[PDB]
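Structure of laninamivir in complex with Neuraminidase.
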4 protein chains.
Amino acid sequence: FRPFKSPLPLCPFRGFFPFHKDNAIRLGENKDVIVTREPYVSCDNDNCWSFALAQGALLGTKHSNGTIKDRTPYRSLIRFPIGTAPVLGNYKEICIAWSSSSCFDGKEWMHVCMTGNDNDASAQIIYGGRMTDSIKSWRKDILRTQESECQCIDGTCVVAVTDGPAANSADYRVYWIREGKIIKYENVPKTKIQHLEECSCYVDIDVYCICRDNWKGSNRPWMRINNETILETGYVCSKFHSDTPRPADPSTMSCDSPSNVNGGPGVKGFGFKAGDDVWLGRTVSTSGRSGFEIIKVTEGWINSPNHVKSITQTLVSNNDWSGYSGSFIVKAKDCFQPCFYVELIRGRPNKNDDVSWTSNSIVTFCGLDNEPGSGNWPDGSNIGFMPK
Amino acid sequence: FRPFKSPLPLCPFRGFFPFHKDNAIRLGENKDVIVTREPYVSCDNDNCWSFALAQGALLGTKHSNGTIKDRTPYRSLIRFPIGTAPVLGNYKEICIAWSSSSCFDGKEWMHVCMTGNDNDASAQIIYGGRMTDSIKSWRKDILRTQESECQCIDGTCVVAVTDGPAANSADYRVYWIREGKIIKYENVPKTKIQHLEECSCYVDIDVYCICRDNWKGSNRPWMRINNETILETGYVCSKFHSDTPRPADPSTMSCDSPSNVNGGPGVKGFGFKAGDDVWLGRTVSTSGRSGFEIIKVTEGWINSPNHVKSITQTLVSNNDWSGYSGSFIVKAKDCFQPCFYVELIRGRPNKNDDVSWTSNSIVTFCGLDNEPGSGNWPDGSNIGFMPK
Amino acid sequence: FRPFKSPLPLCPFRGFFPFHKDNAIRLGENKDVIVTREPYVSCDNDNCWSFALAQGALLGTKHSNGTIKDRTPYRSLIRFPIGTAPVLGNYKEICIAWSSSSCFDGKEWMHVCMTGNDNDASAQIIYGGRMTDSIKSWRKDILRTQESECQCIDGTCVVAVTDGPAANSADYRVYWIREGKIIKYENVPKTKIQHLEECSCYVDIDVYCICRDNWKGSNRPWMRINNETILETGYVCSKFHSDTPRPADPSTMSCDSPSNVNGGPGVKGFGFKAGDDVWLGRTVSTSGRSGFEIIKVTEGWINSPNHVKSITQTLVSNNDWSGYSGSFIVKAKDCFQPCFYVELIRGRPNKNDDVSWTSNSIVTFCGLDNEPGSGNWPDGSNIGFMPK
Amino acid sequence: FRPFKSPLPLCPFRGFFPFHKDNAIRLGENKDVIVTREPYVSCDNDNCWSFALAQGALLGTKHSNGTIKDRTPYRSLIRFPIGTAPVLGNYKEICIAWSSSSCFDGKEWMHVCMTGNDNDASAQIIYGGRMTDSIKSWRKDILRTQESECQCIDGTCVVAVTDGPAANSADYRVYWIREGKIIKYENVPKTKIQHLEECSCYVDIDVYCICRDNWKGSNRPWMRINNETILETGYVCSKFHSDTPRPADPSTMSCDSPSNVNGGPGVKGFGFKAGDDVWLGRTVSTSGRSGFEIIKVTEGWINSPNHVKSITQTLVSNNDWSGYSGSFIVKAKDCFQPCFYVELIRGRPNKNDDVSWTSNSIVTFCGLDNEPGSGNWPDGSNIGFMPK
Ligand SMILES: *[C@@H]1O[C@H](CO[C@@H]2O[C@@H](C)[C@@H](O)[C@@H](O)[C@@H]2O)[C@@H](O[C@@H]2O[C@H](CO)[C@@H](O)[C@H](O)[C@H]2NC(C)=O)[C@H](O)[C@H]1NC(C)=O
Ligand SMILES: *[C@@H]1O[C@H](CO[C@@H]2O[C@@H](C)[C@@H](O)[C@@H](O)[C@@H]2O)[C@@H](O[C@@H]2O[C@H](CO)[C@@H](O)[C@H](O)[C@H]2NC(C)=O)[C@H](O)[C@H]1NC(C)=O
Ligand SMILES: *[C@@H]1O[C@H](CO[C@@H]2O[C@@H](C)[C@@H](O)[C@@H](O)[C@@H]2O)[C@@H](O[C@@H]2O[C@H](CO)[C@@H](O)[C@H](O)[C@H]2NC(C)=O)[C@H](O)[C@H]1NC(C)=O
Ligand SMILES: *[C@@H]1O[C@H](CO[C@@H]2O[C@@H](C)[C@@H](O)[C@@H](O)[C@@H]2O)[C@@H](O[C@@H]2O[C@H](CO)[C@@H](O)[C@H](O)[C@H]2NC(C)=O)[C@H](O)[C@H]1NC(C)=O
Ligand SMILES: *[C@@H]1O[C@H](CO[C@@H]2O[C@@H](C)[C@@H](O)[C@@H](O)[C@@H]2O)[C@@H](O[C@@H]2O[C@H](CO)[C@@H](O)[C@H](O)[C@H]2NC(C)=O)[C@H](O)[C@H]1NC(C)=O
Ligand SMILES: *[C@@H]1O[C@H](CO[C@@H]2O[C@@H](C)[C@@H](O)[C@@H](O)[C@@H]2O)[C@@H](O[C@@H]2O[C@H](CO)[C@@H](O)[C@H](O)[C@H]2NC(C)=O)[C@H](O)[C@H]1NC(C)=O
Ligand SMILES: *[C@@H]1O[C@H](CO[C@@H]2O[C@@H](C)[C@@H](O)[C@@H](O)[C@@H]2O)[C@@H](O[C@@H]2O[C@H](CO)[C@@H](O)[C@H](O)[C@H]2NC(C)=O)[C@H](O)[C@H]1NC(C)=O
Ligand SMILES: *[C@@H]1O[C@H](CO[C@@H]2O[C@@H](C)[C@@H](O)[C@@H](O)[C@@H]2O)[C@@H](O[C@@H]2O[C@H](CO)[C@@H](O)[C@H](O)[C@H]2NC(C)=O)[C@H](O)[C@H]1NC(C)=O
Ligand SMILES: CO[C@@H]([C@@H]1OC(C(=O)O)=C[C@H](NC(=N)N)[C@H]1NC(C)=O)[C@H](O)CO
Ligand SMILES: CO[C@@H]([C@@H]1OC(C(=O)O)=C[C@H](NC(=N)N)[C@H]1NC(C)=O)[C@H](O)CO
Ligand SMILES: CO[C@@H]([C@@H]1OC(C(=O)O)=C[C@H](NC(=N)N)[C@H]1NC(C)=O)[C@H](O)CO
Ligand SMILES: CO[C@@H]([C@@H]1OC(C(=O)O)=C[C@H](NC(=N)N)[C@H]1NC(C)=O)[C@H](O)CO
Ligand SMILES: [Ca+2]
Ligand SMILES: [Ca+2]
Ligand SMILES: [Ca+2]
Ligand SMILES: [Ca+2]
Ligand SMILES: [Ca+2]
C-alpha cells in the first residue's frame, strides 16, 4: 500500500548541484538515439525518469530530416531511465502526443497527451496505463500544456492547459484530475496574467506554477493552486526578468502585469519562491536560447525596492546551446527537494549546427542547503561529427 | 493474490481517442526493427502489450526479402512494450507461430500458437509460460485462429479456431480452455454463419466476437459466447458493411446470412455492439486495405429499417495504408473499456511501396464517453527512405 | 517463501510439440547477435531461460573469425530470454566458462562453470549469484561438464563432471551440491559405463541422465541418481542407437556395455525413459550433425527381443544442420513435463557454410499426452546472406 | 524489510577464482559499447553490478577520440549488469561524475560523485536515487575519491576523499555518511601516511582500506576504520611492494612510512589482510600497467624478518594490459567473501594500441578456501580489428 503524495513544504536550499546528464546527442553519433524535444523529469516512489516528446525517428536517419516541426502524428511521449539516452532498447511509449505533462500521485502515474489537428486537438488523460478521460479543444487553436511534470496533492492532480493564439489573448485553464477523472476546471483569472503557456510547477504546501507569457511579458506569470482552486496569480516581481527574449538587467518591477517590453515570444522556464526571495532560471543570452544560469533575487518575489541578484550560478556557458527548462520535485523526509532540468537543443535552427534534424540532450540539477562549486555542463557534441 | 477476470459490462462510450502509436517502420530505417505482421494488443493487471507474428528477420536485411509469405517455420509470436517498435533488445518470444491468440485470465497469460505444415499443423496452448495442451488439425487445411486477443471469464478462456478452405465451407470451432487445459469445444452452428476467420472479441457480460467471412460475406459474422457454450450467432445487421472488399453504402441488411455480394476475400476487422446500435471499423476504401475509419450505425445491431451512420471518425486517411484491425479491452472500475488497434502494412504487395519486404506498424484507440477531436495517424514512413 | 523442488514423476506424453525458436542466426545478419555454442534451457518458478557459452564476440565481426575453437578465456556462460536471440541489450553474464551446467533448486540458481588452462582448469560453483565452492581438475585434462541443466531434488543438486581423455579411459564423477556447497562426490562405477560426457538429465522421481560415450559407444550411457548416491548405471538397451556417429538401424542390443561399433566420437544428446520404453533424440544422419528426429522404441529401456521404433517425429530435415540436444523439465501440477532443445549449428566446419565463424540458433519442443502434427523447424539462415 | 549490513569478519580463503568477465572491448568492435574507465564492482541484496565512469561516447565513434582525458563534464557514473558490456540498451546513469564511489548499506545504494572545474569541484551524495548532501572542494585541487566501492556498517557508510596535489602533500579525509547525510569527517592522521588516493576498501569486522600513495610510496598506505573513527593507519609492511611503479623484489619493509623509492606516481590497487599475512594484487611489470598477479606474503601485514611470497597467482599475463584493481565483498552466511576486479585498459597511451580512444574491459575474481587452478584472462581484443 502507498499513500497519496502530501502537501509538504519545499526543503531549504542555497544552491544547485549537478545531478544526471544524458549526453544523448554525443551518444547518438551512430544513429542509435531517438529524436526528441521538450524533455522533462518526474519521479515516482522508486525512480526518477526522463520524459520527452519523440519524433518517431532515429537521430541522423533520413526520417530525422525536418524534425524542427513542432506537431506531427508521429510524435509520442516517451519515458526512459533518467540520465540515459533514449534508444529503442530502453524506452517506453506513454501515449501519442505533441504536447504533454506527467505526474505521479503516490500510487499511479497520470499523463496528459495532446494530439490531432491544430484546429481539433484533444488531450487524452492516462492514469495507471489506462485512458480514463479527455479534454476537447474548445478554442480550436493548438490545445497545449506544460511540457513538464504536473503536481498531485492528496490524490488530486493539477495541470495547466492553454487553447488559443500564441501572440494574442488566449484561454488558460487549470484542470483538477483525480485517479484519471476530470473533477473540474477553472479559467485562470485575467486580472493580472495576460498570456500563459508551458507552466513549470512544484509543491511548497500549495502548488506553484511559473510559466511563459508569449505575448507581452518578458517577466514570467505565476499561479498558486491547491487541490480545489486557484488561490493567487501574478507575474514574478523580480526586476531581473527571466524569459527569453527579455530586456537587459535591471528592467521593470512588474508584479501584476506583463512587462510590455521584449514581450514576445518566450521560452519555457521555471523558478522557486523562497520566502520573499525568488530563484529564477534563464538563458545567459537575453535574445537567444544559449547558456543557462540560475539567479537568486533578494526579495524578488515581492513588491520591493530592494531586488538584488545575490547569487548567480552559471551552469551552461553562453557559448553553448540551451533550450527549455522546468522544475521537478523529489520527496525528502518531510519536505520536497527542488530540482530542475535543462533541455540542450542541437540542430535546426541553431546557427552553425549544420544538420537537417532537431533534437536535444538533458542535464539536471538539484537544490541542497550547501554551497556549490562551479563548472559547465553543456551538450558537448561536435556537430561536425554527426550524421546530418 | 489476483482474482480471475469477471464478466463485466462494456463501458459507455461515444467516440474513440488516440492511445499508443509505435512508428515502427519509421524507426526501422536503420535495420533495428523486427519484421512483423498480424499484430494485436492485450493487457494484464500491470501493463498493456503489443503482440505480433515476427518473421525471424530484421527489417531491411536480406532475410526480410519475401516476407509477404504468410507461413514459415521462422515465425514466432513476440511481445513488446505497447507503442514501442519491436527490437532485439526489448522483445520476448512467446512461442513458434504463424497464427495466434493471447489473453490474460486475471492470474496468468494464455496463448494459442499454430505452426507446422499446412496439412498437419498443431496449435500449442501455453499457460503461465508452460505448454499445457494442444489442438491437432482435423481438416488438415491451415488450422488457424484469431490474430487478436481471446477473452477469459471467471477463469475460462474462449478462442475461435478454423480449419478448412479459405473460400469454401470450412470447420469453425470455439474452444474453452481453463488454466491451459482444453475443457471442451463446439462446432459453430452453420444455420447463419457460412464462413468464419480471425475473430475480434471483447467482453460485454458475455464474450462477443466479430469476425471475417472470407467466402460469401461482405458483412461480418458474429458470435455471443459465455463460459460454457455459444449462445447466439449471426451477421452484423448493419446495411453499411465493414469487410474489405465490400459494396458501396448502403448495401443489404443481412442479419442472418452472408451478403453474397463482394463476398470474397476479406480482412480482419472488429466492432462493438452498443445497445441496438453497432460501431464498426473499416478501411476507407471498399476494395483495398487503405484508410481507416470507425462508424456508428444507429440500430445497426438489429433488424430495422432505420440504419443510419450517425458518426464517422476518419483515423487513417485513404491516402495511407491500413490492414488488420482488432478489439481489446481494458478493465475500468466496474466495466470494460473498448479499445482497438490498426495494423498499418507497408511493403509488398502495396502499390508503390518499392521494397522487397512486408511489415507493419501499429496505432491504437480507446473509447470514452466524451466527444473526440480529429486527426490522422498513418504509418508515416517515406518508403523511399527505407532499405529495400 | 518458495519450497525446494520435489522428486516428482515425469508427466505422461505421447509426442513432442514446437515450443520456442530463436532464429538467432537469421536475426544476426546485421551483427547484433552474440556468437555462441553449447546452448541449453532451464527454468525457474517464473521463467524459462536460454543459456549458452558465448565467445566474447558479435556474429560477423572480425573477432568472430575462428570461433570454432572450443576453449578460450573469452567464453562466458550467458543467459537470455527463451526464444530470443542473444544481444548486448538482453543478455546476462553468469560466469566465465567454456563448459557449464545450470539448475534452479526452487529457491535459487546454481551454476557450474569451468575455465582456465586445459591442464589446470577449475569449476566455479555459483549459487544465488555468489561463488560458493569450486572443483579443481584432478586428472589435469579438460575438466568438463553437462552443457545442459543439472537437476535438484529437495535442495540437493546433482551434476556430472568428467576429467581425462576424450578417446580413452577417463574419470567420471557425480557431485552433490546443496545451497552451493559441495556435499560429496562419487566416482561413477565403471562396471558398465566405459566413457561418459555431456549428460542430459531430467527428473522422474529420481534423476536420470543420458550421456555421450565418446570412445567405444554408439549407444548412450545412462545413470539413475537420487539426492544421496548413484543408484543404477548402464547403456540404453535400444538396438536403435542414438549417438552420432552410429551404425545403421538396427544395431546391437547393448544394455551393459558400449556397442564397440562406430564408437567414437559422439554428440551430446538425450532421452526419456517411459515405462519399459524409451524416447531417444538423434541426428537424422548416422555420420554427421544434420537433421533431427525423436524416436520412441517399444521396450527400448530393457533387455528384450521386441524393440521396435513405434514413432518417429522428424523435426529438422536432414537437409538442415543440427548439433547438440538436451533435456529440460518444466513443473506441471504433480509431475514434470519432459522438454528438449536442439542446437542448430551454422558456420565452421559445416560443408558449404562459407563463413569464418561458428555459432548456433535454438529450437525447443515439449512433450504432451496428445498426438502431434508435423513440420520442419531448421535454423533457416541463408548463409550467403551473412557477414563472413 | 531489510536490515542494515553488519560488521562481519572476512571469510577464510586460500586462493582466487575467475568469476565474471565482460570482454567489452571485443564486443565493442561494431561501436555498440560505451567508452569507460575506472570501473568497479559492488553488490546489493539481489545482484552484483558493474560500475564505471563513462565518457559520454560510444567506442570507435568520432566522439571517442581523445578519451584518455581524465575529467570532462560528459563523464557519468554508470551501472550495468556484472560481466556484461555497457551498452545504451542495458546501462543506468547514476550521476554526473569524473570520480566516484558506490556502496549498498543493506537497504539503499549510496553514491559519491565528483564533477565540475578542477579548482571548484563538488561531490554529490546520492542515497536511494535522491541527492541528499554534498562536499565542496576545500583545497580547490581536484577533489576526488575511491573509484571503487565504499563500505557501510550498521547503516553508516565510510568513504575516503582527497583534495590537493598529485605529487606533494595533500589533504586526505574519511567521511561518515548515514542515509545520505554527512555525519562527520576526519582528516587522516599524517603521522604515517604521507599521500593517499583511490582507496580500495573491504570489511573484516572493521573497514580496511588499502590505497595509492602517488608521491613517495611504492608501498601502499592503509587505514582501519569503524562506524565512528579512524582506528589505525600505516603502510603495508610487506617488503614485496605492490604499487606501480615499484622496486624489484625484495624492497624495504616499511610499515610506518612511504618507501621513498620509485615513489611516484602509482596505480589503484588492493589487498586483503589475513591474520598476520597479507594478499596483494599487483601488475606483473614493476614499471607499467601490464599483467596482473596476486601474491600472498607470509607475515606481510606485520613487522617481521620472515616475509616470503608463499603464493603467486598470475591472472593476466605480462604480455597483456591491465590497469586499476579494487576490492569488493559479497555477503556469505556469517562472513564477507573477498573479491576483486581488474580493469583491462586498451587504447591510449598503451604502446601499439593504435587507436584514438581509451577504454577498458573488466575481469573479476573471488576468494574461496580451496586450491585454485591456473589460466590467463586478459582483455582479448585484437586492436587491429577495432575502429580507431
Ligand atoms: C482538499 O484537501 C483537503 C485536505 O488538505 C487541506 O486542505 C487543502 C484545501 C489545502 O489547504 C491543504 O494544504 C490542506 O492540508 C481536504 O479536506 C479534508 O476533507 C475531509 C473530508 O471532508 C475531512 O475529513 C478533512 O478533515 C479535511 N481536511 C482538512 C484539513 O480540511 C479536501 O477534502 C480536499 N478536497 C478535495 C476536492 O478533494
Ligand atoms: C533534408 O531534406 C531536404 C528536402 O528533401 C526533399 O524533400 C523531402 C520532403 C523529400 O521528398 C526528399 O526526398 C527530397 O529530397 C533536402 O533538400 C533537398 O535536397 C535535394 C537533394 O540535394 C535537392 O534536390 C532539393 O532541391 C532539396 N529540397 C529542398 C526543399 O531544399 C536536404 O538535402 C535534406 N538534408 C539532408 C542532410 O539530407
Ligand atoms: C460458468 O460461470 C458461472 C458463473 O457465471 C455466471 O454464469 C455464466 C454461465 C454466465 O451467465 C455469467 O455471466 C454468470 O455470471 C458458474 O456458475 C457457478 O457455479 C458454481 C458451482 O456450481 C456455483 O456455486 C455458483 O453459484 C454458480 N454461479 C451462478 C451465477 O450460477 C459456472 O460454474 C461456470 N461454468 C464452468 C464450466 O466453469
Ligand atoms: C529479393 O530477392 C529476390 C530473389 O532473390 C533470388 O532468389 C532468392 C531465393 C535468393 O536465392 C537470392 O540469392 C536470389 O538472388 C531478388 O530477385 C533477384 O535479383 C537477382 C539480382 O538482381 C536477379 O539475378 C534475379 O533474377 C532475381 N530473381 C527473381 C526471382 O526475381 C531481388 O533482387 C531481392 N530484392 C532486393 C531488394 O534485394
Ligand atoms: C534425501 O532425501 C530424503 C527424502 O527424500 C526421499 O528419500 C530420497 C533418498 C529419495 O528416495 C526420494 O525419492 C524420497 O522422497 C531425506 O530423507 C528425510 O530425512 C529427514 C531427516 O532425517 C527425515 O526427517 C525424513 O523423514 C526423511 N524422508 C524420508 C522419506 O526418508 C534425506 O534427508 C535426504 N538426504 C540428504 C543427504 O539430504
Ligand atoms: C579469418 O581469419 C583468417 C586468419 O587471419 C589472419 O591471422 C589472424 C590470426 C589475424 O592475425 C589476421 O589479422 C590475419 O589476417 C584469415 O585468413 C587470412 O587472410 C589473409 C587476408 O586475405 C591472408 O593474407 C592470410 O594468408 C590468411 N591466413 C590464413 C591463416 O589463412 C581469413 O581471411 C579470415 N576470414 C574472413 C572471412 O575474414
Ligand atoms: C557504531 O556502532 C555501534 C555498534 O557496533 C559496535 O561498535 C562499533 C563502534 C564497532 O566496534 C562494531 O564492530 C561493534 O559491533 C553502536 O553502538 C550501539 O549504540 C546503541 C545506542 O547507544 C546501543 O544501544 C548499543 O548497545 C551499542 N552497541 C554496542 C556494542 O556498543 C553505535 O551507536 C554506532 N555509532 C554510531 C555513530 O552510529
Ligand atoms: C583524433 O582526433 C585528432 C584531432 O582532431 C582534430 O582536432 C579535433 C579537436 C577536432 O577538431 C577534429 O575535427 C580535428 O581533425 C586527429 O588528428 C588530426 O587529424 C587531422 C586529419 O588527418 C589532421 O589534419 C590534423 O593535423 C590532426 N590534428 C592533430 C592535433 O594531430 C586524429 O586524426 C583523430 N584520430 C582518428 C583515428 O580519427
Ligand atoms: C507553437 O509554439 C509553442 C511551443 O513552442 C516551442 C518552442 O520551442 O518555443 C515548442 C513547442 N513544441 C511542442 N510542444 N511540440 C510548442 N508547442 C506546440 C504545442 O507546438 C509556443 O509556446 C507558442 O504557442
Ligand atoms: C491464408 O490467408 C488467411 C490469412 O490472411 C491474411 C491476410 O493478410 O488476408 C494474413 C494471414 N497470415 C497469417 N496469420 N500468418 C492469413 N492466415 C494464415 C494462417 O496464413 C485468410 O484468412 C484466408 O484463410
Ligand atoms: C573437446 O571436445 C569435447 C566437446 O566437444 C564438442 C563437440 O562439438 O563435439 C563441444 C565442446 N565445447 C565446449 N564445451 N566448449 C567440447 N567440450 C570442451 C570442454 O571443449 C568432447 O566432448 C570430447 O571431450
Ligand atoms: C589525476 O590523476 C589521478 C587519477 O589517475 C588516473 C590513473 O589512470 O592514474 C585515473 C583518474 N581518472 C579519473 N578518476 N577520472 C585520475 N583521477 C582523476 C580525478 O582525474 C591520480 O590519482 C593523481 O591524482
Ligand atoms: Ca548498427
Ligand atoms: Ca515573453
Ligand atoms: Ca468477405
Ligand atoms: Ca560415441
Ligand atoms: Ca606510488
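All chains are named by letter (A, B, ...) in the order of the sequence lines, taking the proteins before the strands, and each is independently numbered beginning at 1. What's counted below: heavy atoms across the whole structure, side chains too, no hydrogens, waters or symmetry copies. When a ligand or atom number is given, it counts from 1 through the structure's own listing order.
Tracing laninamivir through the model gives ligands 9, 10, 11 and 12.
At a heavy-atom cut-off of 4.0 Å, the other chains in contact with laninamivir (ligand 11) are listed as C. In this deposit, the organism assigned to chain C is Influenza A virus. Within laninamivir (ligand 11), counting atoms from 1 as listed, the ones closer than 4.0 Å to a heavy atom of C/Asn214 are 23 (C). Protein heavy atoms are absent from the space less than 4.0 angstrom from atom 3 (C) of laninamivir (ligand 11). Listed by number with element, the atoms of laninamivir (ligand 11) under 4.0 Å from a non-hydrogen atom of C/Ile142 are 19 (C). Of the protein's non-hydrogen atoms, the one nearest atom 5 (O) of laninamivir (ligand 11) is C/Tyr324 OH, 3.2 Å. Proximity of C/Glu198 to laninamivir (ligand 11), defined as any heavy-atom pair under 4.0 Å, is confined to the side chain (atoms from C-beta onward).
The atoms of laninamivir (ligand 11) that sit less than 4.0 Å from any heavy atom of C/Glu147 are 14 (N). Residue C/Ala166 has at least one heavy-atom neighbour below 4.0 Å for each of these atoms of laninamivir (ligand 11): 23 (C), 24 (O). Ranking the protein heavy atoms by distance from atom 24 (O) of laninamivir (ligand 11) puts C/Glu197 OE2, 2.6 Å first. In this structure, of C/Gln146, C/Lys268, C/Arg71, the residue bringing a heavy atom nearest to atom 1 (C) of laninamivir (ligand 11) is C/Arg71. Given atom 11 (C) of laninamivir (ligand 11), the protein heavy atom at minimum distance is C/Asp70 OD1, 3.5 Å. Ranked by closest heavy atom to atom 8 (O) of laninamivir (ligand 11), the top entry among C/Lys69, C/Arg289, C/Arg75 is C/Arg289. Atoms of laninamivir (ligand 11) lying under 4.0 Å from any heavy atom of C/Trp98, numbered from 1 in the order shown and given with element: 13 (C), 14 (N), 15 (N), 19 (C).
The binding site of laninamivir (ligand 11), defined by non-hydrogen atoms within 4.0 Å, is formed by C/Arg37, C/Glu38, C/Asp70, C/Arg71, C/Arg75, C/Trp98, C/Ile142, C/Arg144, C/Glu147, C/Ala166, C/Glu197, C/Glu198, C/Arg212, C/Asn214, C/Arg289, C/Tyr324.
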